[PDB]
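The structure described below contains nevirapine.
Chain labels are A, B, C, ... in exactly the order the sequence lines appear. For chain A, we keep the numbers from the PDB entry: what you see runs 4-443, 455-537, in order. To match the PDB entry, the residue numbers of chain B are left as they are there, and the shown ones run 7-88, 95-212, 225-227, 233-356, 362-428. Whatever order the structure lists them in is the order used to number ligands and atoms, beginning at 1.
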Amino acid sequence: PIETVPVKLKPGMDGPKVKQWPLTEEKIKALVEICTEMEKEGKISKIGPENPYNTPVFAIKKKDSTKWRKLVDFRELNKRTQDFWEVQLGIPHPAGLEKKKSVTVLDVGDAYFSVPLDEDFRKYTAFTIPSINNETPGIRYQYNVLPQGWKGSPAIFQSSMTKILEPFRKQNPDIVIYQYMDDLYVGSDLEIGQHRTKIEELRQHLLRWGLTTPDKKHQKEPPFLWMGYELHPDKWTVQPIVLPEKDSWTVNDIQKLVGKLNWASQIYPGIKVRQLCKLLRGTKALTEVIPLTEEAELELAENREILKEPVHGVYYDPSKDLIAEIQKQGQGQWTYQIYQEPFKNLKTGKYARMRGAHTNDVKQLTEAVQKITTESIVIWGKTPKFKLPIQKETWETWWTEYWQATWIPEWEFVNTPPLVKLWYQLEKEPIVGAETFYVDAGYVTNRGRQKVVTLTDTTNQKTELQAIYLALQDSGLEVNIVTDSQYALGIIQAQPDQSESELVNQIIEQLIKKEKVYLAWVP
Amino acid sequence: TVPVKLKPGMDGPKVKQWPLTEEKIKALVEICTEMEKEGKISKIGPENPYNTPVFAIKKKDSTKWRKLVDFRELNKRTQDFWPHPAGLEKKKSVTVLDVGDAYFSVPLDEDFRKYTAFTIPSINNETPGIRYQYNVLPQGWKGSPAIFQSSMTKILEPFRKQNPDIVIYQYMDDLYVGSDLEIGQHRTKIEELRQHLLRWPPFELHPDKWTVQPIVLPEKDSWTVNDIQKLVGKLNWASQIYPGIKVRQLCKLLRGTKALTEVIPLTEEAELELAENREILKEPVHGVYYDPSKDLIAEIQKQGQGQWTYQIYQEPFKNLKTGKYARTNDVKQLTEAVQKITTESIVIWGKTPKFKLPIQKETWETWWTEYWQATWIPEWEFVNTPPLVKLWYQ
Ligand SMILES: Cc1ccnc2c1NC(=O)c1cccnc1N2C1CC1
Ligand SMILES: [Mg+2]
């Protein structure tokens, strides 16, 4: 039998003492039956009138049957029970698996109910079964195995399973086993018959510990649907997504659609939700109907088309390098694909994250590269070689002018428009013969010129960018601009090419036009 | 074993483990698998909810991997234990030795081992991940050096009396051996130590040269309006520290709205002011001492071209030190610098400082272990340094 994990109640706290709520004589009987059987099988044990601890239990009817099922409410015990090692939080991504010839899934029945419980804790698992007679006291039991509904069950079960699987995994290094709650996925590259044979070996090995499973005739067959994917031993995809076909859309429908569309972008390239998402602006209710604009209609149509024919993800071949390729698919929009075999995606994706109010394509591209890097280490434990639409010269330039540090693993330029570039650069030294503008809601120039305007619905730093803006407008191709705004300075010094602020964008527009622009700061 | 406890009320750490590369993981397995065989660590069960992140760094001048356990959180939650050489920095040259293996020969209080739990993750969460805790004193833990102190004096006793010409300071897993002897007569007494130590440890600093980069003003042939403006702005910023700095006279050349590039001859009155301003900056401001009761802060600035700048203070502007580091890639450099500054900080004050790094947390968390080599890990946060500040240094 399996080792017993030492459980303890949270510090200071004491076991639960919840009175048992009333139960119909009917339910009382059904329970005495269920519990009497559990006591015969050793899962629970009649205890003495000494145990003060108690947990409420009630009966539930199971679909199809006159029979009732027992349910124990272990909330309080759960509150008073220690914290355990976090039951697996992270799940594998289909794209990190290596293909198998055969993959078999197995359900483990009698899961918890087949694993010993720490002897010192069993006294807290106490529950009482009310007797039908009024003068007679109801029977009290406690658990001897992991109880369903208890805090430490999920973790202690997995713990045990892993131990139980130790040998078998050792004797069979050619077989891969992923444990997920009560399921077990088992893949191998053995021949059909040999595979089925090994499965049976595993089945018996687990049963040697009282763990039951389904026989070949009863096992689910591929593709297996899991965590939103549709898995084959050789390929993977997201489970079939259907797009609504209607002329009345509510905010609810649009949000669900966009959500559904995002999910797909990890395998279906070309999916876009920019227009659908716009339909969400200013919405008043989840039930508000928003007419689809002409562009949203076109978008839905292309996605619908993209989704008509399925596409599959191939699995990770650990013998091959990982290649990552990024494309700019619109302002602030990027798309990336990760493959090993030239154009047989292990997976794809789209990054649209803008970090900070203002930014440029280089920063963004670089952040996209970091996001992908992190993602790969997680799925394949190694970083891909990148294929980028930026030239080394360009990157390097922006790199050494930026105050923040950053890295980019091995990467090769890929002449695939649109190539990312910098639309402008501030002179490093003031321009000779270029007029000089001194801004402070107006400006004054050395050439005698000036102008002042008033502004409403304006914030303090907003007027600051206004001055600079006006100056750009009124100046020639080359211009020197002097300001006391540390704020505006940074922004522009950052050489952004895109922004939330319209004002900034216009300034950028001006900036792109000029031949030479020198910006200076003064207290 | 010694009954250690966490600072009152405090519970154990539960730090998430930053994802690792297949390479580092394989190394950590080979290593922990081995520490298990030798009883230094043990697999733990679900009844342990604690966690400390583990990493794998490579040793310098060695092909072998080293397990770096980030006990930063645990060290903060540990109780305090109840002397830094005023002259370790004075010393001509100091060498650093890793005596971490000293601990792996001393037990850890049974009821404390739970707190040292750590995990070796698996690629793409395909397996549950290997969980262990320590049985011996773990490397990197605040308690190890402390608990091992006795046994450490009982062993440095002979060399200390035999060679009272060399100062020996310990800091966690490291040993700072300083002296003024010849570098050959040094590298020797050092190996004479590596021997007196094996009698019961792999690897010059020269804290003598560690200089305080003063603030500098441009020395120009001619001075344009722009030059003067950058000058005034910078000076003005520094007047915050050295209140004797005046610019009144410089601002006079800047009246009106001249052309940025217009060259300006400097008035007699003005040229005499700059010189005074220059003199004032030649040395660090007076009356700025190190308060042991305050955290040491360290800020870095990317100067560009593989050049960086740092300052170590406790209060703003009141700098205990300032430096510059120069050459790779941005990240490699920043990590090497952090360490260089941490060492110096240790050597001079005996405490690591708190860094303010100019880089995205994700980028750092990603590559920092590719070039880290120290046995300790300083505290750190990520910032967005302004332009003006960076311009006012180096
Ligand atoms: C859900 C899941 C999680 C992790 N790995 C796998 C699976 N399921 C599979 O169906 C699968 C498919 C192809 C290759 N490995 C797979 N398996 C591995 C076990 C053989
Ligand atoms: Mg002005």
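- Here, the model contains nevirapine as ligand 1.
- Within 4.5 Å of nevirapine, most heavy-atom pairs belong to the chain that the PDB entry identifies as Reverse transcriptase/ribonuclease H.
- Other chains reaching under 4.0 Å from nevirapine with at least one heavy atom: A.
- Of the protein's non-hydrogen atoms, the one nearest atom 8 (N) of nevirapine is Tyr188(A) CD2, 3.5 Å.
- Contact annotation for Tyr183(A) and nevirapine: no heavy atom of the residue comes within less than 4.0 Å of the ligand.
- Close to nevirapine: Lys103(A), with a non-hydrogen atom less than 4.0 angstrom away.
- Residue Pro236(A) has at least one heavy-atom neighbour below 4.0 Å for each of these atoms of nevirapine: 13 (C).
- The model tethers nevirapine to no chain through a covalent bond.
- Atoms of nevirapine lying under 4.0 Å from any heavy atom of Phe227(A), numbered from 1 in the order shown and given with element: 10 (O).
- Protein heavy atom in closest approach to atom 20 (C) of nevirapine: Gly190(A) N, 3.3 Å.
- The protein heavy-atom contact nearest to atom 12 (C) of nevirapine is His235(A) O, 3.2 Å.
- Given atom 1 (C) of nevirapine, the protein heavy atom at minimum distance is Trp229(A) CD2, 3.8 Å.
- Distances below 4.0 Å separate heavy atoms of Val179(A) from the following atoms of nevirapine: 18 (C), 19 (C), 20 (C).
- Here the heavy atom of the protein found nearest to atom 16 (C) of nevirapine is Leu100(A) CD1, 3.8 Å.
- Proximity to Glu101(A) (heavy-atom distance under 4.0 Å) selects the following atoms of nevirapine: 14 (C), 15 (N).
- Counting only heavy atoms of the protein, atom 9 (C) of nevirapine lies nearest to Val106(A) CG1, 3.8 Å.
- Considering only non-hydrogen protein atoms, atom 2 (C) of nevirapine sits nearest to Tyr181(A) CD2, 3.8 Å.
- The shell of residues around nevirapine (heavy atoms under 4.0 Å) is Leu100(A), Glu101(A), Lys103(A), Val106(A), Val179(A), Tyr181(A), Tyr188(A), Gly190(A), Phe227(A), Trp229(A), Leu234(A), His235(A), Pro236(A), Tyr318(A).
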